[PDB]
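The first residue of the sequence shown is numbered 1, and numbering continues consecutively from there. Recorded method for this deposit: X-ray crystallography, 1.5 Å. In listed order, ligands and their atoms are each counted from 1. Side chains are part of it too, since the values below use all heavy atoms of this structure and drop only hydrogens, waters and symmetry mates.
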Amino acid sequence: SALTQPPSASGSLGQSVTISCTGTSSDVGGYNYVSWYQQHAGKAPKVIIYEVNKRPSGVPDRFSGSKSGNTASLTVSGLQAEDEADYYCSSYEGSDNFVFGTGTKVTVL
Ligand SMILES: O=C(O)c1cc(/N=N/c2ccc(S(=O)(=O)Nc3ccccn3)cc2)ccc1O
């Protein structure tokens, strides 16, 4: 029981990176309650997106979410050096329960 994410992804500075988060019709595909977290090495996780494509305050406009079917995604557009980090998704999966993805390490070329 984990959501599927690519282990790693790279992009050039100023370009975009997209990270997918694939589950099933019982979680990612069944609800609009996908969240994304950014974690720099040895630091606490930052909430970047909730409810598929809502941003907390302080998250730049260049981070966005989308979802189609059983796959949600996070795009980091206008890639900056500080965007190098591990990124995790999560979903609601029914009955007051949540499930996390396995994480993607994003590097800048
Ligand atoms: O500042 C904020 O906006 C802020 C927002 C935060 N959002 N946290 C989350 C984390 C996950 C979700 S979610 O995509 O799972 N959505 C939901 C929605 C309703 C019930 C359960 N889950 C929803 C909100 C958490 C802390 C904060 O400070």
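This structure shows the largest set of contacts to ligand 1 coming from the chain the PDB entry labels MCG. Among the choices sulfasalazine, azelastine, flurazepam, zenarestat, the one modelled at ligand 1 is sulfasalazine. For atom 13 (S) of sulfasalazine (ligand 1), the nearest non-hydrogen atom from the set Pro56, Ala72, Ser35 comes from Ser35. Protein heavy atom closest to atom 15 (O) of sulfasalazine (ligand 1), with residue, atom name and distance, is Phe98 CE2, 3.1 Å.
For atom 26 (C) of sulfasalazine (ligand 1), the protein comes within 4.0 Å by no heavy atom at all. Under a 4.0 Å criterion applied to the non-hydrogen atoms of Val34, sulfasalazine (ligand 1) contributes the atoms 14 (O). The bulk of residues of chain A touching sulfasalazine (ligand 1) reside in UniProt domain Ig-like. Against a heavy-atom cut-off of under 4.0 Å, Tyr37 is close to the following atoms of sulfasalazine (ligand 1): 10 (C), 11 (C). The protein heavy atom nearest to atom 6 (C) of sulfasalazine (ligand 1) is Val47 CG1, 4.2 Å. Note that atom 18 (C) of sulfasalazine (ligand 1) has protein non-hydrogen atoms nearby, at separations under 4.0 angstrom. When heavy-atom distances to sulfasalazine (ligand 1) are checked against a 4.0 Å cut-off, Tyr92 has no atom that comes that close, whether in backbone or side chain. Contact atoms of sulfasalazine (ligand 1) toward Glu51: 14 (O), 16 (N) (distance under 4.0 Å to a heavy atom of the residue). If you check each of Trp36, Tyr50, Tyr33 against atom 20 (C) of sulfasalazine (ligand 1), the one with the closest non-hydrogen atom is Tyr33.
With the cut-off at 4.0 Å and only heavy atoms counted, the binding site of sulfasalazine (ligand 1) comes to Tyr33, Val34, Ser35, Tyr37, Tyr50, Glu51, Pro56, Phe98.
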